[PDB]
Structure formats: structure tokens, C-alpha cells
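Opening notes on cyproheptadine bound to Histone-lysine N-methyltransferase SETD7.
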Amino acid sequence: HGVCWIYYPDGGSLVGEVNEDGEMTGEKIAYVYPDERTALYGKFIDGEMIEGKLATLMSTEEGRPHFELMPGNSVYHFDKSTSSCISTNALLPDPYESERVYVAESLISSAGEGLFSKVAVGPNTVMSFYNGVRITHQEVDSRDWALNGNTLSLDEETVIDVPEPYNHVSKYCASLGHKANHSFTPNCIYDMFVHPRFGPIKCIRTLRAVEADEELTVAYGXXXXXXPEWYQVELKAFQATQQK
Ligand SMILES: C[S@@+](CC[C@H](N)C(=O)[O-])C[C@H]1O[C@@H](n2cnc3c(N)ncnc32)[C@H](O)[C@@H]1O
Ligand SMILES: CN1CCC(=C2c3ccccc3C=Cc3ccccc32)CC1
């Protein structure tokens, strides 16, 4: 009857008063990120973000949230990608992600850029979002493997991709999950995420506590889709660690 909270398994949530029809519709609805603190507050229709302004969940009293707007004019809307359009605002960063990760040269030799944590956080922490264009498994599997570096399977029907030129931060920085390099001793995994802006995508989630400026890596693996040695090299070394 009063305030409804809808939690997703990823730890994010929708919160506000429902309308006469029991829908999350109004001007005082919020999406709350998995930190249970960073929030997008404002106009939602049936749970879908029309105009969310950056906010902080300051306190909750008997399930009733108290939000304060952040300074400035950061505004967001449900903006699900398509087969060809990655975003209506490719250069508008995600504010939760901006506080937790950054891109820099990978510490892995000859591995291009990598993703690094800004913060010390514990296990199972959502750090970053893997948004991209949505394409079929047929398109990915039927093309040259060298076009599939940024592909990540979403579900039975869809593969997410971050194709050129969006693989460059100067062209696309709305999410950064695609900047995480591979490792066989990763500190992170890809995981399902339901994002108020990007819709259903995947996220990067730590497997264990990480330190500030630690590089974030994920096991990509185990044969690449479509149609490398750096994989083969580390695979062997990883194997050796298991025996005399
Ligand atoms: C999903 S992107 C990761 C970000 C990428 N390094 C960049 O600069 O945009 C995957 C690509 O990064 C490189 N890469 C990822 N892991 C690597 C590794 N362990 N060693 C060498 N290169 C790696 C490969 O070129 C791969 O195609
Ligand atoms: C985030 N995504 C990156 C690409 C990826 C690959 C891949 C694609 C092209 C070239 C190399 C790789 C490396 C490992 C891999 C292994 C198994 C399935 C997919 C992948 C899966 C994870």
C-alpha cells in the first residue's frame, strides 16, 4: 500500500510509491545501485526510468527512503541499446561506475588498456557495467574471430558487443566493462545485471576483496567464438603452477 521496494538478484533495486494500478509510476521513484546509497531519483513510468537525477539514499525509516539530490545536472533515462546504436549519449559516464573504476594501460604486457579499481572493496562487489550493442549469436559466430574481441554472451538469444570505434574511451565511456583484460587467476567475474539506463546487460563483480589501483581481470574462457597465443601462453603457465 505504501512504499514498495523491488530488489534484483544483482543487489540493485527500484523503490517508491505505486499508483492506483499498483505500478511504479510517478515523480518520486528511484533506482538504487547495489551500494544501497547511489541512486537515480525522479520520473519513472511502470518501473522504467524517464528522468532520473543523481541522488544519495541518506536514510530509510520503516521502509520509507529519504533521498537528497546530488549537486549538478546529471540526468539519465532508460536507453537500451539496439543492434547498431550503443547509446544516445556515448560520452555520459555511469556515476556508480565512475566512483569505482578507471581505465589505464594494463599491467599485463602487450595487452592494451585495462580496468583498475579506484577503491578497496570486499568480495562480490559490482564494479563496472558491460553494456554494448545487441547482436545474434549467428552474426558473431559467423564472422572473423578478430572482430569478436569485445563480445560477451548475454543470454540464449543475444551477444553484447562494443565494436569500433566505441572500443576507444574517447568515443564511448558510458560503461567500461569491455576494458577488463583476461586472466586465469582473475579477481572478477561477469555477472547478470539489470540496469536502469542500459537494461539487461552484464556487470563485472569481484570474486574477493580488491585493493585501490588493483587491475580488474576476468576469465574470458575455452576457444574463441567466430571464424590467440597470449591465451595459450598464460594457460600453460597457469597449468604448471598446479604440478611439481
Ligand atoms: C574485452 S577487450 C579488453 C580491453 C582491451 N585490452 C582494450 O585495450 O580495449 C579484449 C582484448 O584485450 C586484449 N587482451 C585481453 N586479455 C589479454 C591478455 N591476458 N593478454 C594479452 N592481451 C589481452 C586482447 O586483444 C583482447 O582481444
Ligand atoms: C568479454 N569477452 C571477450 C571476448 C571473449 C573471447 C574472445 C574473443 C575473441 C578473441 C579472443 C577471446 C578470448 C577468449 C575467449 C574464450 C572463449 C570464449 C570467448 C572468448 C569472451 C569474453
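Count residues from 1 along the sequence. Excluded from the calculations below are hydrogen atoms, water molecules and symmetry mates; all remaining heavy atoms, backbone and side chain alike, are included. In listed order, ligands and their atoms are each counted from 1.
- Cyproheptadine, all copies counted: located at ligand 2.
- UniProt lists residues of chain A as binding S-adenosyl-L-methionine; of these, a heavy atom under 4.0 Å from cyproheptadine occurs in none.
- Selection from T151, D161, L152 by nearest heavy atom to atom 5 (C) of cyproheptadine gives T151.
- The deposit lists the origin of chain A as Homo sapiens.
- Of all the atoms in cyproheptadine, the ones that sit under 4.0 Å from a non-hydrogen atom of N148 are 4 (C), 8 (C), 9 (C).
- Each of the following atoms of cyproheptadine lies closer than 4.0 Å to a heavy atom of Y190: 1 (C).
- Of all UniProt domains in chain A, the one holding most residues touching cyproheptadine is SET.
- Between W145 and cyproheptadine, no pair of N/O atoms sits closer than 3.5 Å.
- Under a 4.0 Å non-hydrogen cut-off, the residues that form the binding site of cyproheptadine are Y130, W145, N148, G149, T151, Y190, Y220, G221, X223, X224, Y231.
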